[PDB]
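Co-structure: atovaquone and Cytochrome b.
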Amino acid sequence: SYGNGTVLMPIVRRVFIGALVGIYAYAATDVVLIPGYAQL
Amino acid sequence: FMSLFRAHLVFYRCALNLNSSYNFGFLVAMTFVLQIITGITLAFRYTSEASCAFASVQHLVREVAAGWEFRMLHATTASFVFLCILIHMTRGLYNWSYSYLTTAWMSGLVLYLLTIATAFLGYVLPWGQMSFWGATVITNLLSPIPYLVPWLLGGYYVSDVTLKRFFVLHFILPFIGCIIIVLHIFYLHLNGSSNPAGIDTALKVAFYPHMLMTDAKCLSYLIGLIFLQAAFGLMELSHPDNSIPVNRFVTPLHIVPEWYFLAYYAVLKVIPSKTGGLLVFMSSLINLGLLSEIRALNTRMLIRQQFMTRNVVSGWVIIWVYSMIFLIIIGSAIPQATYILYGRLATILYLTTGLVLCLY
Amino acid sequence: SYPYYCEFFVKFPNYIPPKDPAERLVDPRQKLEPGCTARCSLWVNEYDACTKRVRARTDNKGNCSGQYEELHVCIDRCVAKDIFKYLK
Amino acid sequence: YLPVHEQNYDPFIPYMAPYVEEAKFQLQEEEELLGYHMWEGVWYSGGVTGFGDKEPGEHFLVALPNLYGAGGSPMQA
Amino acid sequence: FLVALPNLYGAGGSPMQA
Amino acid sequence: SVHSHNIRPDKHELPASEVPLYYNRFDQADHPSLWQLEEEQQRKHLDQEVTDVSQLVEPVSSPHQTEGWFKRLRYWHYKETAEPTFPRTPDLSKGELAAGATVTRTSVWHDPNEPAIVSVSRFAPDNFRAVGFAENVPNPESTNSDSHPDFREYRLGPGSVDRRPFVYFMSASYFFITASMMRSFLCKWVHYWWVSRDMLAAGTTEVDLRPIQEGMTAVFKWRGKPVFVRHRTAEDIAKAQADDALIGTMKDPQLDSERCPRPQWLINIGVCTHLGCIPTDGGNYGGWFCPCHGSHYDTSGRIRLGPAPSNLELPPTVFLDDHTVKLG
Amino acid sequence: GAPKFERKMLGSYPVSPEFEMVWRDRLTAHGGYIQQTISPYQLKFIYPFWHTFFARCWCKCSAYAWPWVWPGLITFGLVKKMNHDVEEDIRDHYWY
Amino acid sequence: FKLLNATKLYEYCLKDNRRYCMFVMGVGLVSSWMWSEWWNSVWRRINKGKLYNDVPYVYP
Amino acid sequence: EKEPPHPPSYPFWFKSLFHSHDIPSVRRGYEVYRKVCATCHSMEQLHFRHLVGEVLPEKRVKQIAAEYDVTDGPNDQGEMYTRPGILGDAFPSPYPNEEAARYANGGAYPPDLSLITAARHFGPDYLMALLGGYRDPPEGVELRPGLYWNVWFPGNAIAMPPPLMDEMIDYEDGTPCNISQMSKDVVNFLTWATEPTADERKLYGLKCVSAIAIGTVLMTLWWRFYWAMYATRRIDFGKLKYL
Amino acid sequence: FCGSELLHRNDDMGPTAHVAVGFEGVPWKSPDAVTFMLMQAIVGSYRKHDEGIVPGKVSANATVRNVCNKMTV
Ligand SMILES: CCCCCCCCCCCCCCCCCC(=O)OC[C@H](COP(=O)([O-])OCC(O)COP(=O)([O-])OC[C@@H](COC(=O)CCCCCCCCCCCCCCCCC)OC(=O)CCCCCCCCCCCCCCCCC)OC(=O)CCCCCCCCCCCCCCCCC
Ligand SMILES: CCCCCCCCCCCCCCCCCC(=O)OC[C@H](COP(=O)([O-])OCC(O)COP(=O)([O-])OC[C@@H](COC(=O)CCCCCCCCCCCCCCCCC)OC(=O)CCCCCCCCCCCCCCCCC)OC(=O)CCCCCCCCCCCCCCCCC
Ligand SMILES: CCCCCCCCCCCCCCCCCC(=O)OC[C@H](COP(=O)([O-])OCC(O)COP(=O)([O-])OC[C@@H](COC(=O)CCCCCCCCCCCCCCCCC)OC(=O)CCCCCCCCCCCCCCCCC)OC(=O)CCCCCCCCCCCCCCCCC
Ligand SMILES: CCCCCCCCCCCCCCCCCC(=O)OC[C@H](COP(=O)([O-])OCC[N+](C)(C)C)OC(=O)CCCCCCCCCCCCCCCCC
Ligand code: HEC
Ligand code: HEM
Ligand code: HEM
Ligand SMILES: COc1cc2[nH]c(C)c(-c3ccc(Oc4ccc(OC(F)(F)F)cc4)cc3)c(=O)c2cc1Cl
Ligand SMILES: O=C1C(O)=C([C@H]2CC[C@H](c3ccc(Cl)cc3)CC2)C(=O)c2ccccc21
Ligand code: FES
């Protein structure tokens with residue numbers, strides 16, 4: 001917002017949301033899908 | 001610096017209805033100061049050599065005046081550090097303190113990470129079986145990157161070099177703690193504390209007479225309880241197996257970390273992929289960090305009242321607490337299929353109820 | 001860390017004198033064992049059952065260490081109530 | 001608890017609405033007409049970091065504005 | 001020294017401008 | 001402050017001109033002064049008696065508002081999702097609210113019969129008040145309910161004792177327990193720097209004197225310190241005894257016969273009385289010389305020159321045999 | 001902290017440093033008020049606590065029933081059922 | 001309270017803070033030692049015939 | 001693997017909060033340890049200094065220490081020698097190194113007992129149970145030579161032979177000897193040896209906790225003293241109600 | 001004599017606050033009455049508007065002096 005000094009927490013917000021999407025994608029690939037393809 | 005003392009700890013004005021649940025910060029600070037005193041006086045007689053560390057700790061107990069007292073106070077006050085921190089965290093999950101105390105909440109998380117590191121480094125210094133094999137496990141856990149583990153160890157395996165640098169690091173970190181505490185309090189008093197009612201009120205009252213006495217009362221209780229447990233040994237907080245000298249080629253037949261590490265241990269028991277293991281810790285900590293800017297994740301204007309009193313729905317924080325306790329229970333037990341099954345149930349609950357805090 | 005942990009409301013026995021100075025050249029446990037043996041009869045029952053079934057099955061693998069362990073844990077947990085009355 | 005005869009009212013009346021809507025209008029127009037770019041400033045001058053703040057010493061790197069004297073307050077300038 | 005650092009927030013001030 | 005607002009467009013949350021979460025019925029006045037009148041003409045629910053929870057008036061707004069996965073709280077009022085360029089027109093016939101954007105970017109305030117300057121004057125936010133406002137909104141007279149106890153039932157009145165003694169006795173008691181505990185802590189901490197219980201410094205030893213030769217000095221270990229045993233020559237004895245005539249001049253006068261109960265045997269603690277160094281062979285008086293600051297001792301142990309304040313200290317000793325000695 | 005329109009003072013005397021926090025949190029007394037207090041040397045101070053004990057305790061315990069105890073009971077249930085499952089497993093897998 | 005007020009402890013020992021401190025220190029000093037010796041006696045009373053002093057060793 | 005059972009709780013004199021150790025039992029336990037258990041175990045942390053005044057009189061302890069040859073040196077020729085033990089020396093040990101200990105005990109290592117009750121679950125109750133625990137094998141199980149069945153040792157098979165035998169030792173106070181009595185007395189002795197500072201610790205604890213509790217009462221009163229002045233305050237809006 | 005406060009908070013009457021504080025005194029006929037008459041004078045009074053010829057910052061009365069030098073204003 002205009003007239004405010006908080007400028008570094010928004011960046012961390014976007015980085016964190018990014019990182020969680022990342023982690024969940026990789027976890028689905030690692031723990032579920034790759035084994036599943038051995039059971040498919 | 002006296003004028004600051006008066007501005008922040010004497011004339012500072014609080015809300016009338018701050019009950020005991022707002023006294024636990026002061027308490028963790030006090031356990032810090034106390035742990036520092038006993039630390040320094042333990043360092044004067046400790047030996048940082050793999051050949052003789054163990055007997056160095058035994059010499060304090062056997063042949064030194066009041067030798068036993070400082071070791072046992074230091075050992076027992078750690079448990080209270082962690083217990084007070086967990087109460088202190090849960091209070092602010094319950095109240096949604098992080099709605100406006102954004103940077104304070106971030107600082108809190110950093111302090112908790114510091115405390116975990118400090119405790120675990122301490123846990124290796126007496127140099128028994130549990131110490132050696134715990135260090136082995138946690139160093140293998142951060143293996144994904146080449147050469148980082150032999151470098152941090154100092155060596156191809158846990159060694160006297162490792163002991164020396166763990167001792168120095170355990171010396172240093174608490175004081176960095178203290179600096180971050182000053183930072184913490186800066187962010188806090190920039191805003192001002194919340195009520196249990198979560199309203200804004202003008203019925204304020206100064207600190208020195210009313211709230212200082214409650215701080216003192218709780219302080220008396222805590223000093224009491226620490227000495228009770230320290231002198232008489234009511235609870236088996238620490239497992240016996242650190243009482244055995246180290247053997248590099250034989251593990252102990254039964255394994256139980258310190259209680260404040262059991263939940264983590266439970267995860268490492270039940271998730272198949274080791275990287276999945278580590279990623280669960282990383283993800284949960286990232287989720288907690290994300291709460292600092294919860295006001296942005298939605299366009300409805302936010303309130304701090306969670307209306308958990310009389311509520312049949314309860315609240316996600318309570319489910320989180322019970323899931324965590326269940327994980328401690330399962331942590332403690334042997335590896336068996338049924339324990340693992342209920343482990344995985346509890347783990348899913350623990351992860352989901354943390355994710356869901358953002359969905360108002 | 002501690003050698004032991006305190007127990008609340010423990011009951012401390014008075015030393016029952018032996019009726020004959022020679023009476024405790026033989027282990028007092030022998031005088032408490034019968035009663036407890038009678039109290040843990042269900043474990044004896046199950047151990048004998050398993051013994052029979054193991055001897056019968058004929059595929060040549062089997063054992064009854066479980067039920068044996070339970071039997072003797074029962075007997076010991078019974079004996080522990082009175083053994084210290086007979087020791088100084 | 002209060003007596004039950006003190007509790008005979010409807011708590012969910014919306015008495016703030018006409019004012020919240022006006023506030024939203026007024027604070028939206030300022031974003032539109034002033035906040036549309038990432039403006040550039042002088043760093044660590046005037047008690048403000050320079051990246052956008054307009055109240056002195058609200059951030060850690062601009063804490064402790066004085067070393068001597070009696071200080072002061074922003075509201076009395 | 002024991003009356004150093006009069007403020008923790010704000011812009012400070014000077015005695016000569018009171 | 002350090003806190004942003006979050007006015008932005010949103011696709012999960014429609015604007016409040018589209019979907020208000022509050023109950024959208026408001027009365028409107030030509031001038032806010034008129035709101036005075038209603039406060040002295042309406043009835044109020046808090047002026048009337050009820051006795052059971054089941055008699056409390058029922059809320060006007062519906063329970064069924066907010067939906068979605070994992071949403072505990074089902075009721076809200078206000079949101080800051082942003083308005084479009086052309087807002088939805090309020091229908092004043094249904095008593096809907098007209099405020100901010102919907103006054104500026106809408107024709108709502110228009111009336112055929114009236115000047116525009118007069119017409120717009122009725123759409124300030126003070127001219128609107130919800131339905132039920134005068135009947136339900138509380139306005140306390142005190143923080144204290146008449147059904148609870150205040151100081152009047154606890155005040156100590158005429159006839160009462162003085163309680164200063166009791167108060168200050170209470171706090172003095174607290175403090176003297178506190179001080180005892182603090183002193184105990186400091187005493188334990190001091191004691192913890194003291195020497196350990198394994199050391200004890202106890203012991204005694206014996207020495208066989210057959211192998212020694214005249215003019216030789218032997219050295220032995222005793223209670224952590226060195227001890228010299230010397231088989232003096234006749235000339236060493238004579239050197240010691242010649243300086244008995246100059247005892248006047250010495251810093252620590254003593255005669256040789258005391259220091260050698262057997263004249264040919266000299267025994268001392270091997271340590272400089274100045275600051276603890278170990279004297280070496282030689283010096284100006286055929287005795288010993290300390291290299292750390294330059295003290296000299298004679299052939300009997302006596303301090304002749306330098307900063308050391310006393311002679312070499314005699315250990316507690318006994319001759320067991322003609323040829324064996326006991327230390328300690 | 002407080003909004004700028006609340007922390008605007010009527011006086012003009014310089015705020016002393018030891019009062020910083022006091023005036024950062026200034027708030028207006030809209031409508032004014034009257035208050036009375038008695039010196040604690042002229043009050044009873046342990047009888048007022050017990051005199052109002054039952055009301056306070058009813059309130060506190062009522063507030064916590066559903067949110068804390070009911071999930072607690074469910075969790076205790078789950079532990080008991082887990083124990084059942086384990087004590088049956090240990091015989092199925094290893095007893096003949 | 002009338003009894004306590006009659007002892008005039010406040011007038012002489014607690015109304016002046018220097019005397020308040022003197023009182024605190026001295027009462028500490030004496031009370032601590034009395035408490036200690038009393039607990040010593042209890043520890044000997046409960047444990048009679050179990051401690052080292054109560055059952056001398058007799059040489060063979 | 002399996003969850004091992006939990007021992008029963010025996011009423012040892014010390015496991016109350018107000019009780020000390022029971023010194024006659026400690027003397028008898030020490031005698032048992034010397035005559036039996038010191039054949040294969042060690043207590044490297046114990047010195048005879050520890051027994052004087054706490055368990056035994058000094059004279060007797062010196063005479064005990066004199067029974068052993070203890071190695072010392074070097075001498076003037078740089079050779080080592082043997083001398084009679086003194087009050088300052090640690091307890092002797094039966095094997096020169098772990099390898100020899102394993103060589104004499106079929107591969108297993110007899111642990112050092114200097115902290116044994118603090119190095120096991122349920123401590124003395126476990127040790128008391130273990131010494132009782134030797135029994136014949138169950139149906140369907142057989143153990144290889146030099147291995148024994150015990151119902152309280154984890155996994156039930158243990159390398160230590162049956163430990164106790166009636167009148168294998170004798171007492172100087174006159175008490176009759178049997179395996180149960182020896183069990184009680186040696187467990188008492190080892191529990192003491194695990195931390196001789198126990199009684200000091202507990203007696204200090206009592207004073208500390210009592211005084212701190214009295215403190216707590218006083219501070220509670222002081223806190224309520226200030227609670228009551230604002231809990232009972234009156235605030236009125238508009239006009240004065242009561243006075 | 002009761003030790004209590006009675007405060008009327010009001011922010012719509014300008015910048016000035018008025019206060020009075022009281023202690024328990026002695027009767028007309030008490031021996032110490034005169035001493036009380038003297039103590040009242042030892043503390044004395046002050047006005048910022050009208051001051052005589054002695055500046056408050058140098059006055060012989062220490063209470064006036066301490067009040068007039070606070071924060072230099
Ligand atoms: C095993 C599996 C699990 C793994 C773990 C997974 C964990 C996941 C969850 C993560 C949780 C959150 C982590 C932190 C996120 C921070 C995000 C952020 O930027 O927030 C912005 C936010 C403010 O943003 P804003 O509102 O937009 O305000 C705009 C302002 O302009 C902004 O200015 P301002 O003045 O208002 O703000 C203060 C300013 C300025 O602050 C200061 O000047 C304070 C300086 C204090 C120094 C004291 C010594 C500290 C030494 C490091 C200790 C690390 C301990 C780590 C714990 C584990 C130990 C093993 O600091 C910042 O802005 C933050 C800078 C980045 C902080 C990073 C902290 C973490 C890493 C630090 C260590 C890095 C590794 C190398 C060194 C390791 C040595 C052990 O700031 C905070 O909330 C920070 C709170 C304080 C916490 C950090 C305190 C330490 C500061 C260290 C600074 C770097 C130097 C390090 C030492 C190097 C030489 C040795
Ligand atoms: C102690 C400090 C030393 C003193 C000196 C100060 C040092 C700081 C210098 C670095 C800053 C250079 C960049 C200049 C930007 C100028 C923009 C402008 O016109 O200003 C207005 C503009 C704010 O006006 P506004 O747009 O009206 O405000 C609305 C909000 O910003 C909300 O806007 P929104 O929500 O619409 O989103 C806008 C957002 C949209 O974009 C995003 O949100 C993208 C998110 C994607 C995720 C990926 C992460 C993005 C962050 C990149 C970080 C990489 C840098 C580190 C590289 C390490 C290399 C070793 O825009 C950006 O993110 C663009 C700016 C990003 C730049 C951040 C990195 C700049 C550092 C470059 C030098 C790196 C060398 C460092 C060496 C190692 C030591 C640190 O300024 C900023 O946004 C500030 C950005 C820079 C961060 C603040 C600087 C830190 C100050 C605190 C010191 C903490 C030190 C802790 C250590 C303590 C030791 C003890
Ligand atoms: C190789 C093998 C392969 C095997 C494959 C097998 C695959 C099986 C998959 C099963 C999937 C089941 C779920 C189907 C969902 C269908 C959704 C749908 O059709 O949506 C249409 C439609 C979507 O439209 P919409 O616009 O979203 O409207 C819906 C609203 O948004 C809704 O919002 P609203 O406002 O209308 O409602 C209020 C709202 C808000 O309500 C609340 O907030 C109330 C909360 C009250 C909580 C009180 C708790 C107090 C007690 C605490 C006790 C302590 C516990 C903690 C401590 C314990 C110790 C650790 O309610 C909810 O949020 C309800 C949440 C229900 C969660 C159910 C979760 C089921 C999980 C099943 C397991 C899945 C796998 C797990 C992970 C595996 C590993 C990755 O939704 C509906 O019409 C509503 C349907 C709702 C259905 C819920 C009940 C489902 C029952 C499924 C039974 C499955 C049995 C499986 C047996 C398997 C045997 C092998
Ligand atoms: C400067 C370093 C000092 C270190 C202190 C250690 C000293 C030795 C051990 C204690 C000795 C006994 C105490 C001194 C005597 C009492 C002082 C005195 O004169 O009383 C003045 C006064 C006594 O007031 P009073 O009202 O009781 O009586 C005075 C009035 N007359 C004379 C009329 C009776 O004490 C106070 O008012 C102190 C206010 C605080 C009370 C509560 C304190 C409890 C602790 C709070 C938290 C502690 C954590 C913070 C510490 C940081 C480190 C962790
Ligand atoms: C040589 C014949 C021994 C004598 C005499 C005693 N012990 Fe021992 N002990 C010995 C061996 C070879 C072992 C190894 C057992 C194994 O399974 O590896 C042990 C072991 C113990 C233990 C450990 C128990 C455990 O659960 O780990 C204890 C507590 C123990 N022994 C105690 C003990 C006592 C009290 C003795 C005197 C009565 C004693 N032992 C004698 C060898 C020998
Ligand atoms: C928050 C602060 C601290 C915490 C939480 C902490 C935690 C711990 C823990 C858990 C142990 C294990 C003790 C045991 O297992 O018996 C330990 C041991 C130790 N700590 Fe720390 N510690 C802190 C501060 C310090 C400081 C400041 C120092 C020194 C300056 C220090 C020095 C030591 C030493 C020497 C040991 C070894 C104890 C032993 O060998 O018996 N500690 N610490
Ligand atoms: C060494 C560790 C810590 C210390 C010394 C500490 C200290 C304090 C103190 C003294 C307070 C004010 C009084 C009180 O609340 O008790 C406080 C408040 C607070 N702390 Fe901590 N804290 C620590 C850890 C944490 C952690 C781990 C978190 C969060 C994860 C946290 C978040 C908060 C919040 C949100 C508040 C204010 C809550 C509110 O005002 O409603 N702190 N802390
Ligand atoms: C019950 O309700 C409350 C209790 C509270 N208790 C306390 C103890 C404080 C507090 C802590 C520290 C402080 O200043 C300090 C910072 C850092 C230091 O450094 C270190 F390491 F702690 F010593 C010391 C000192 C100033 C104030 C509060 O604000 C506080 C607020 C509320 Cl609402
Ligand atoms: O197998 C383990 C094990 O898994 C851990 C674990 C417990 C959790 C610890 C931990 C996990 C996460 C964090 Cl953020 C901090 C500590 C890491 C070591 C131990 O502590 C341990 C100690 C001794 C022997 C074996 C073991
Ligand atoms: S130490 Fe010998 S002369 Fe100084």
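Here is how names work: the chains are called A, B, and so on, in the same order as the sequence lines, proteins then strands, and each is numbered from 1. All values below were derived from every heavy atom in this structure, side-chain atoms included, with hydrogens, water molecules and symmetry-related copies excluded. Determination method: electron microscopy, 2.8 Å. Just so you know, ligand 1 is whichever comes first in the structure, and atom 1 is the first atom listed for that ligand. Cropped entry; intra-crop contacts only.
- All instances of atovaquone together account for ligand 9.
- Lab note: other chains with heavy atoms under 4.0 Å from atovaquone (ligand 9) -> B.
- The site surrounding atovaquone (ligand 9), defined by heavy atoms under 4.0 Å, contains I116(B), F120(B), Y123(B), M130(B), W133(B), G134(B), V137(B), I255(B), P257(B), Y264(B), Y265(B), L268(B).
- Scanning the protein for heavy atoms near atom 9 (C) of atovaquone (ligand 9), the closest one is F120(B) CE1, 4.2 Å.
- When each atom of atovaquone (ligand 9) is checked for a heavy atom of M130(B) under 4.0 Å away, the hits are 23 (C).
- Looking from atom 13 (C) of atovaquone (ligand 9) to the surrounding protein, the closest heavy atom is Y264(B) CD1, 4.2 Å.
- Covalent bond for atovaquone (ligand 9) in this entry: none.
- The protein atom (non-hydrogen) at minimum distance from atom 25 (C) of atovaquone (ligand 9) is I255(B) CG2, 3.5 Å.
- Per UniProt, counting from the N terminus, the transmembrane segments of chain B with a heavy atom nearer than 4.0 Å to atovaquone (ligand 9) are 3.
- The closest protein non-hydrogen atom to atom 6 (C) of atovaquone (ligand 9) is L268(B) CD1, 4.4 Å.
- Nearest non-hydrogen protein atom to atom 15 (C) of atovaquone (ligand 9) is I116(B) CG2, 3.6 Å.
- Considering only non-hydrogen protein atoms, atom 19 (C) of atovaquone (ligand 9) sits nearest to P257(B) CG, 3.7 Å.
- From the protein, the heavy atom lying nearest to atom 21 (C) of atovaquone (ligand 9) is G134(B) CA, 3.8 Å.
- Measured by heavy atoms, atovaquone (ligand 9) lies under 4.0 Å from no UniProt heme b-binding residue of chain B.
- The shortest contact between atom 1 (O) of atovaquone (ligand 9) and any protein heavy atom is with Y265(B) CE1, 3.4 Å.
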